[PDB]
Amino acid sequence: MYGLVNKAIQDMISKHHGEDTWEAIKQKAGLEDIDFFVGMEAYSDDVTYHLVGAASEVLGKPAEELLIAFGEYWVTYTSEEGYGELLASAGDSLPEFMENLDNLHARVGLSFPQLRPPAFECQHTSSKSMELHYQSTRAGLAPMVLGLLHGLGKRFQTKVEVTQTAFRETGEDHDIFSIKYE
Ligand SMILES: C[C@H]([C@H](C(=O)Nc1cc([C@@H](CC(=O)O)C2CC2)ccc1Cl)c1ccc(Cl)cc1)C(F)(F)F
Ligand SMILES: [Cl-]
């Protein structure tokens with residue numbers, strides 16, 4: 001993934017648990033070489049997987065929980081690190097933001113040539129409900145989408161309840177989320 005992801009994890013861990021913990025997570029990840037992450041630089045996906053696995057050990061939390069928390073932190077963090085305007089352009093309500101996802105990724109992919117964006121398909125099901133189909137080149141990140149949705153809820157001051165209705169883990173073609181909202 002691009003450095004920005006890893007920076008965000010470092011920053012989420014650092015603010016919530018201080019620096020020496022970061023550094024131990026870092027060493028346990030096998031990442032002592034690497035001095036700092038470069039935001040626009042492509043890294044191997046394992047750097048991120050190993051960061052998450054190592055934070056899970058050091059902090060005594062499932063990787064999945066850490067992933068939910070990352071998903072919550074990620075929109076706010078990117079909005080403050082140079083992507084504020086861009087996220088603002090993707091809309092003024094949660095459902096408008098969902099529908100703009102693909103066009104947002106098209107714009108992001110101008111600046112990040114090797115972006116592998118996930119596929120998001122949104123069905124507006126009832127008035128306070130949506131169904132979100134999620135397909136990724138990466139495995140295991142459904143809990144992050146959950147947290148991200150919560151983050152979007154907060155962004156647009158909209159109450160959100162999210163339930164995963166289908167899991168790739170059980171052998172379904174893709175992750176599906178039912179989303180109920182304010
Ligand atoms: C709003 C965000 C959207 C984003 O995070 N997109 C995204 C997500 C991933 C996931 C994993 C994956 O499924 O491959 C990696 C972050 C771990 C990889 C590639 C991309 Cl382009 C987004 C956020 C900020 C900005 Cl600045 C632009 C886009 C979402 F996910 F909800 F769509
Ligand atoms: Cl990517």
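Sequence positions, counted from 1, serve as the residue numbers for this chain. In each ligand, atom 1 is the first atom listed, and ligand 1 is the first ligand listed. Computed from heavy atoms alone, side chains included, the values below leave out hydrogens, waters and symmetry copies.
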What is the PDB name of the drug at ligand 1?
-> runcaciguat
Top contact chain of runcaciguat (ligand 1) - most pairs under 4.5 Å, the PDB entry = H-NOX domain protein
Among protein heavy atoms, which sits nearest to atom 10 (C) of runcaciguat (ligand 1), and what does the distance come to when rounded to 0.1 Å?
-> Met144 CE, 3.8 Å
Hey, is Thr48 touching runcaciguat (ligand 1) through its side chain, its backbone, both or neither, going by heavy atoms under 4.0 Å?
-> neither
Give, by number and name, the other ligands and ions lying under 4.0 Å from runcaciguat (ligand 1).
-> ligand 2 (chloride ion)
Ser136 to runcaciguat (ligand 1): N or O pair under 3.5 Å?
-> yes
Tell me: protein heavy atom nearest atom 2 (C) of runcaciguat (ligand 1), and distance?
-> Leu148 CD2, 4.2 Å
Hey, does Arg138 come in under 3.5 Å of runcaciguat (ligand 1), counting only N/O atoms on both sides?
-> yes
Among all protein heavy atoms, pick out the one at the shortest distance from atom 11 (C) of runcaciguat (ligand 1); state its residue, atom name and that distance to 0.1 Å.
-> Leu141 CD1, 3.4 Å
Numbered atoms and elements of runcaciguat (ligand 1) in range of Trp74, under 4.0 angstrom, heavy atoms = 4 (C), 5 (O), 23 (C)
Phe120, portion touching runcaciguat (ligand 1) at heavy-atom distance under 4.0 Å | side chain
Quick one: does runcaciguat (ligand 1) sit under 4.0 Å from the side chain of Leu101, the backbone, both or neither, non-hydrogen atoms only?
-> side chain
Which is closest to atom 7 (C) of runcaciguat (ligand 1) in terms of heavy atoms, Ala142, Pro117, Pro118?
-> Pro118
Looking only at protein heavy atoms, identify the closest one to atom 22 (C) of runcaciguat (ligand 1) and say how far it is in Å.
-> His105 NE2, 4.2 Å
Could you tell me the residue and atom name of the protein heavy atom closest to atom 27 (C) of runcaciguat (ligand 1), and the distance to it rounded to 0.1 Å?
-> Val108 CG2, 3.7 Å
Subset of runcaciguat (ligand 1) atoms that lie under 4.0 Å from at least one heavy atom of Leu115 | 21 (Cl)
Considering the heavy atoms of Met1, write down every atom of runcaciguat (ligand 1) situated less than 4.0 Å from one of them.
-> 15 (C), 17 (C)
Within a distance under 4.0 Å of any heavy atom of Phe97, pick out the atoms of runcaciguat (ligand 1) and give their elements.
-> 1 (C)
Close-contact set for runcaciguat (ligand 1) against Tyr134 heavy atoms, below 4.0 Å | 12 (C), 13 (O)
Which residues of other chains have a non-hydrogen atom closer than 4.0 Å to runcaciguat (ligand 1)?
-> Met1, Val5, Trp74, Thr78, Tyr83, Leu87, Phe97, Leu101, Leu104, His105, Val108, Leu115, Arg116, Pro118, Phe120, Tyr134, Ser136, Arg138, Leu141, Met144, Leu148
